[PDB]
K.L.:
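Structure in structure tokens, see below.
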Amino acid sequence: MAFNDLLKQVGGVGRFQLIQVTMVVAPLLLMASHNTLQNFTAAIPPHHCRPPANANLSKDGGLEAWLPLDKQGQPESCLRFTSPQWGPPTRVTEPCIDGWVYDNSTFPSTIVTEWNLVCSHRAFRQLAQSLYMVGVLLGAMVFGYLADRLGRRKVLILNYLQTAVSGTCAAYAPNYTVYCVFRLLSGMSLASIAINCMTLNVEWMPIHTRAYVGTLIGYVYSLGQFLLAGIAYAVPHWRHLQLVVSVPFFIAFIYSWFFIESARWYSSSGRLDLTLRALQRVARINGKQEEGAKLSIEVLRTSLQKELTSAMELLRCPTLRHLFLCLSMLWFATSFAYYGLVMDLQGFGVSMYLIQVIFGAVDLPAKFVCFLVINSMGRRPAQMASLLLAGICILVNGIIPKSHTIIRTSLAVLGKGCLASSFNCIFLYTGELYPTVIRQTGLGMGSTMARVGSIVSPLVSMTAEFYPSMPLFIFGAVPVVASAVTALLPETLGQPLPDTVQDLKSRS
Amino acid sequence: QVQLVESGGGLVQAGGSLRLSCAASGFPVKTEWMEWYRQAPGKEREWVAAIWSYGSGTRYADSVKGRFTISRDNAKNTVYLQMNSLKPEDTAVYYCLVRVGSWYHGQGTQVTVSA
Ligand SMILES: CCCN(CCC)S(=O)(=O)c1ccc(C(=O)O)cc1
């Protein structure tokens with residue numbers, strides 16, 4: 001007898017068990033949107049030094065006597081001549097202290113156009129993303145612990161409100177540092193809602209629905225990134241698009257006010273009166289009451305007592321420390337490479353919307369392929385495979401000259417697809433590998449190191465001035481090493497599912 | 001410092017060939033960007049041709065593509081520029097820079113196309 005018994009007494013397929021899950025996962029579309037958002041908001045259009053206003057722009061020669069051309073015959077980025085003609089009848093070059101001139105051919109006005117984040121102090125564009133992802137990690141840690149201390153419904157409400165207000169005020173942000181701090185807060189809320197969605201849905205669902213939750217969250221993630229593709233194709237302005245992707249959290253908060261708190265959390269909290277009230281409420285919503293009437297305070301008291309009865313021991317055990325380090329390094333490398341790949345599309349030639357939608361399309365076949373390979377051949381060999389193909393994709397995309405477009409785009413598409421497959425594979429392997437005692441904490445540690453890698457990804461990508469593609473070189477080098485280390489670890493095709501620390505050496 | 005004295009100024013009838021070279025110092029002819037620009041009387045100083053570092057490539061102008069030749073010489077640290085079938089509008093004061101944007105600019109050499 002456990003909570004699964006009383007839940008199956010209520011059900012697990014009823015109207016509540018579908019409406020609650022679907023509403024709660026509905027904002028994950030915009031979660032994916034916000035995570036990708038900097039890519040469509042921080043695009044750098046072609047730009048050049050603004051000629052000084054004192055000199056005439058028509059009779060003096062035009063727009064060519066001040067701006068030296070580049071290697072490809074395009075105007076220089078952040079440099080100009082002091083004088084149109086240097087004839088005797090000092091310094092000749094000069095940075096654009098009279099501002100820059102952009103083009104509104106494709107992108108009307110983005111952040112780099114609004115605040116001139118080019119050449120000197122151009123790293124602020126990547127700094128914004130890095131600080132947003134720092135906020136993501138800080139939220140996933142502190143807000144998760146606060147939720148464990150207090151609950152899930154109130155924490156979700158706070159996450160919704162914080163995300164909505166942070167998005168709106170970031171859209172209407174006067175100064176750069178204000179925008180960056182607003183991104184910090186937005187990530188703080190967004191990671192918390194992202195993790196708490198999965199934890200609440202896994203808590204309210206029966207034992208035989210974890211795979212359903214996983215496939216649903218993957219489908220919603222892919223559809224939401226497709227939704228960003230569509231929205232970007234709709235509105236080009238960064239303020240208008242930011243508000244469009246920030247408002248749906250604000251509206252969804254209204255109907256979010258009617259969530260049902262986790263009965264399991266209430267039982268683990270030690271109080272059962274509100275637990276019984278919650279089961280009565282869900283029975284009323286599920287439309288059944290004769291069977292739920294027998295539910296009394298002593299009924300679940302006699303049902304939920306077996307389960308009722310961290311890091312230091314995680315690092316103390318040598319074998320456990322080793323496998324934890326390997327697993328967490330895998331998480332770090334995978335997330336870091338994935339966000340390094342997906343954050344950059346400037347050097348793809350093709351339109352942003354088309355590459356985004358084809359990225360959306362590739363994910364579902366990748367999910368099917370990963371499920372087939374894990375259910376037919378195995379999980380580990382598929383894992384090192386996916387890393388090998390992803391790494392080779394990234395290196396060959398890096399070395400191949402920018403002139404080639406179709407091959408580069410298709411190869412990046414394949415890399416992203418196999419990387420998402422590797423993401424599903426690593427999540428499944430981590431879930432099915434760790435002993436049940438530290439399984440949840442192990443998932444948390446893997447997620448935190450993945451967030452660390454995602455944090456350092458923009459930092460690495462910032463160093464594009466040293467060599468135009470060595471960020472791609474590092475992005476492709478990291479998961480080759482990740483595959484190399486993952487080549488050595490115990491295999492779980494015996495379905496052991498260990499429950500005690502003494503069992504890991506038994507399998508290996 | 002760096003010297004960029006250029007020589008080759010003269011008056012030559014159209015269709016002739018004139019070799020222009022800039023005397024550089026303090027750097028190699030294959031270690032930095034090298035370009036020669038022309039400033040016609042009353043026109044704007046437009047880029048003509050360039051030579052990258054370590055012979056990465058050669059570029060020319062739209063109105064000068066297949067009209068002139070840009071060559072370098074690492075032995076004397078100079079770049080020899082020669083043109084064939086000079087156009088009547090090609091008469092301009094030529095100059096050389098030290099990179100694609102650099103603090104060093106040539107003194108300037110004036111050439112005449114005449115007829
Ligand atoms: C197989 C599901 C894994 N998930 C984790 C659930 C908390 S997820 O919903 O798909 C997800 C969420 C956030 C990020 C990120 O921000 O990097 C990546 C993946």
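Letters A, B, ... are given to chains in the order of the sequence lines, protein chains preceding strands, and every chain is numbered from 1. As the structure lists them, so they are numbered: ligands from 1, and atoms in each ligand from 1. Note that these values count all heavy atoms, side chains included, but never hydrogens, waters or copies made by symmetry.
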K.L.:
Find the chain with the greatest contact count to ligand 1 and give its name in UniProt.
P.N.:
Solute carrier family 22 member 6
K.L.:
Can you identify the drug or drug candidate present at ligand 1?
P.N.:
probenecid
K.L.:
Return the chain letters whose heavy atoms come under 4.0 Å from probenecid (ligand 1), other chains only.
P.N.:
A
K.L.:
Of the transmembrane segments of chain A in UniProt, numbered from the N terminus, which have a heavy atom nearer than 4.0 Å to probenecid (ligand 1)?
P.N.:
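Using UniProt order and a non-hydrogen cut-off, you get 4, 5, 7, 10.
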